[PDB]
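Pictured: Reverse transcriptase, co-complexed with nevirapine.
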Amino acid sequence: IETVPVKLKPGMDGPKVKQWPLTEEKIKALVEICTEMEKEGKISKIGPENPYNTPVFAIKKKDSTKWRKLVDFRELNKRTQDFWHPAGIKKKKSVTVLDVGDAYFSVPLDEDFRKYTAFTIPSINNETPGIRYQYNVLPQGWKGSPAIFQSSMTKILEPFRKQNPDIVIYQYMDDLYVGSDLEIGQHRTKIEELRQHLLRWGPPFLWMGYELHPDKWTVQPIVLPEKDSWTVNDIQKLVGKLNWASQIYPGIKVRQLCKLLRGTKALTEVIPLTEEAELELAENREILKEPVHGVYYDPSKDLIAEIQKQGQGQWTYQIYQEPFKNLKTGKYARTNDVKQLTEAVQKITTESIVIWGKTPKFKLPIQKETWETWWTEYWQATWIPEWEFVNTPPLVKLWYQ
Amino acid sequence: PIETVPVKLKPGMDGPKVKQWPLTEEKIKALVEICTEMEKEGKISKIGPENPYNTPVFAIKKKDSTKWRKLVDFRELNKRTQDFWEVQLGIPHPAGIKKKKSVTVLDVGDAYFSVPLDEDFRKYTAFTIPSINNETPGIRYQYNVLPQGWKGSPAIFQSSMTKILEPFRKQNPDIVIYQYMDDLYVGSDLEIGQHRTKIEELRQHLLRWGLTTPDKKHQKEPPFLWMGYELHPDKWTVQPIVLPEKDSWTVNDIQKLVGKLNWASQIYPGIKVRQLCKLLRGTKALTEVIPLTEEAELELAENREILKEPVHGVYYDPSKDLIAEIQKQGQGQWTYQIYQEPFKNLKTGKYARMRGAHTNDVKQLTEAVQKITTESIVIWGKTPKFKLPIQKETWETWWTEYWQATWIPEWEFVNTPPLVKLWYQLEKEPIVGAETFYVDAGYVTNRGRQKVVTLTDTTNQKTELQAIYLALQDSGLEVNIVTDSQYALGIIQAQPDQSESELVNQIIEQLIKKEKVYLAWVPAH
Ligand SMILES: Cc1ccnc2c1NC(=O)c1cccnc1N2C1CC1
């Protein structure tokens, strides 16, 4: 076929990323997979004259007993040239996510780019050199792929698009987001059909095979303890919380509360509240009832995502671009920490895609070595967000949920 | 006689054009004999003045032999040559290999010189042999095979190598080969003779490609002292380590000793160097002499005793499960050993890594488990079932309440003191009827009590901890403490049980003593 010439952003060179060591189980799965990808001429074994590399992992399909080869094209995607979103989707009632990755494989990759797609199948204890290949077709997870395949895509999709304009479809990387307002019964059917209408040309369900229901996504407002009797401690926590949130909602006043706190009283000493205090709380309580006004999504900025461990299998996240200027906040509850955490990330990323058609730069409350050790064990997405590791302040965790 | 690998110079770069050093007629003679020997063997060939590139050559004799040797300085060429895939820096660890019945080392003679060089690249490998007479110029050649000392040489070679074996390999699932630089380790479970025979088969397979190797009578025999270890086909150990019996030790000596001691720890359990390491504090010269302490010499002698008795690691038995067991050897020290069969060690090791200024055994213990896991996946592509001196309840407690997310694989509690526990727990709510201390280097209580102390040479962060220390000190068995320092709050809420800040440790002591303690934070002004 006619291969479109692709190129890296000016002056940039190809990825030379270390491959995190894998477990025998994974390795074997990858050998078996890539071996068949080779026979099909999808990929080809490469030589020493190729100094590039990208990490590879094997994830397990959701309710499927097969493996999926995952490739961390992050470094590459960042260095690839820029190739040149339905707000209605986020309102849809039902959205299903499919994996269209295999389409790409029908299209060849520009010969002079192929080398950058080099990756390696590692050997246990380095007992073996490690099997190296590069791609011949468009590789899954590479931002280039969707672009270069856009045209052929639109083509096999215009029928459905007009034969069913009541359905919204968005494509992000290897994923196809099919939205609608139909009854979950109707929806599932129309989804299946689309599947054969694609079989017609070039798709197991992604994300539990299951649905998503955007319409029901809501913001987690900052809350205040409502309680019967108030002790010095309670109030202290209160004021502390309040003061913090006053940097977001400046209308919050603590004046009266702070006054119930004059004197070095005993912590457990109950404090009946005054009239002014009562109203000050109420007013504050009222201010917090909704997200702060003004905050808007800036497409030219990085979408950041922070998570906090609450406990009891409960987590808190916030999506923003500028500190305190949250675009969304939420909650996640169940396993073990990591598993939970990954599920949080993925969940969160999906939302970001669905809403702002983009993936966020997470900040994870965990240790690299550990994360690098298990994340692949529960990961099911076809994409991989950028992430960094941090040390959550005990106060922040306190100020949420 | 194999596929040549395509090479290129780094972009926007021309081949090396560097002048040949003035040689000696004596050396010019040797070189011409060598380059002629070589041109008749095809590895090099005369070129026309067409070629403007040039690389410096020179003559050095063999070591302890009175025989000339050609050397080509490729620094420049290499500065210009494209990069290659990494000549694996990844080296197999003995505990990861399985026993064989027999094993064999096959040294590859004329390795590099048995492989072709990208023809379009040969020109860049130009060099010259000066003439002895003036207007009778000297010989220009270029490389046709792989020049030792060149960038790609090791890579390309190591590559081809594997390509060649791949075949033999496939029709010999039985046999195991590992290639390292110029040696080829080959073991099998074949009965003695059958083994010896298949080696030749191999030796031939290589022959078919001009790959010269040593015959049975000239090959190296087990064990194989491999970078740090002695490898018999069924057992291993470390490179024999005897401890000097000096009476005067230099800073450097001690450094070298510690290093050695370290190495040994991976297999020799109970090796300790805490005391010897102590000996370095304040040292001012690599040649300064430090006398031994009673604990240092005791330790030395104890290690010396440990080493005296040789140990031998066992090989990996993939059919079995690998068990990893961990112990707290000292404050901050942990020892572990992994095995498939009781006491039959694959590998051992210590863990002293302190991540953070303050920690607790649980956090620390956990971090060790991680270290181990990582290693395992690497040596065996699998993780071990752990044996741990801590009970779930303990773990769970700390876990659940720590702000960072964490995870430990399948683990079994082993009742092997010392057990790791939490020496104290902050109350989760204010203590009723417990005096309330308000701190900021001083405090005030609900009961009128107070003390504004004096601290000199104290840092902001350090002043805050002080007050709290004070509070703990004068209070009774139950206290509620209110502070504005998020720092201290943090430090303590993490319930450390060891810290290298003396103050902390003190406080820590206080905490352990108390019946119930509640810490609360409130803003500044
Ligand atoms: C250095 C080295 C690295 C990797 N594997 C091995 C060796 N050397 C051996 O001596 C060895 C010993 C026992 C079993 N396999 C061994 N071999 C395998 C190749 C037969």
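Chains: lettered A, B, ... by order of sequence lines. The PDB entry numbering applies to chain A: residues 5-88, 96-213, 225-356, 362-428, in that order. Numbering, chain B: per the PDB entry, residues 4-443, 455-539 in sequence. Every number for a ligand or one of its atoms is a count from 1 in the order of the listing. Excluded from the calculations below are hydrogen atoms, water molecules and symmetry mates; all remaining heavy atoms, backbone and side chain alike, are included. Technique stated in the header: X-ray crystallography, 3.0 Å.
In this entry, the other chains with a heavy atom less than 4.0 Å from nevirapine (ligand 1) are B. The deposit credits the origin of chain B to Human immunodeficiency virus 1.
Residues of other chains with a heavy atom under 4.0 Å from nevirapine (ligand 1): B:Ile100, B:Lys101, B:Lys103, B:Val106, B:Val179, B:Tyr181, B:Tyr188, B:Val189, B:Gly190, B:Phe227, B:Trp229, B:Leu234, B:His235, B:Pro236, B:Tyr318.
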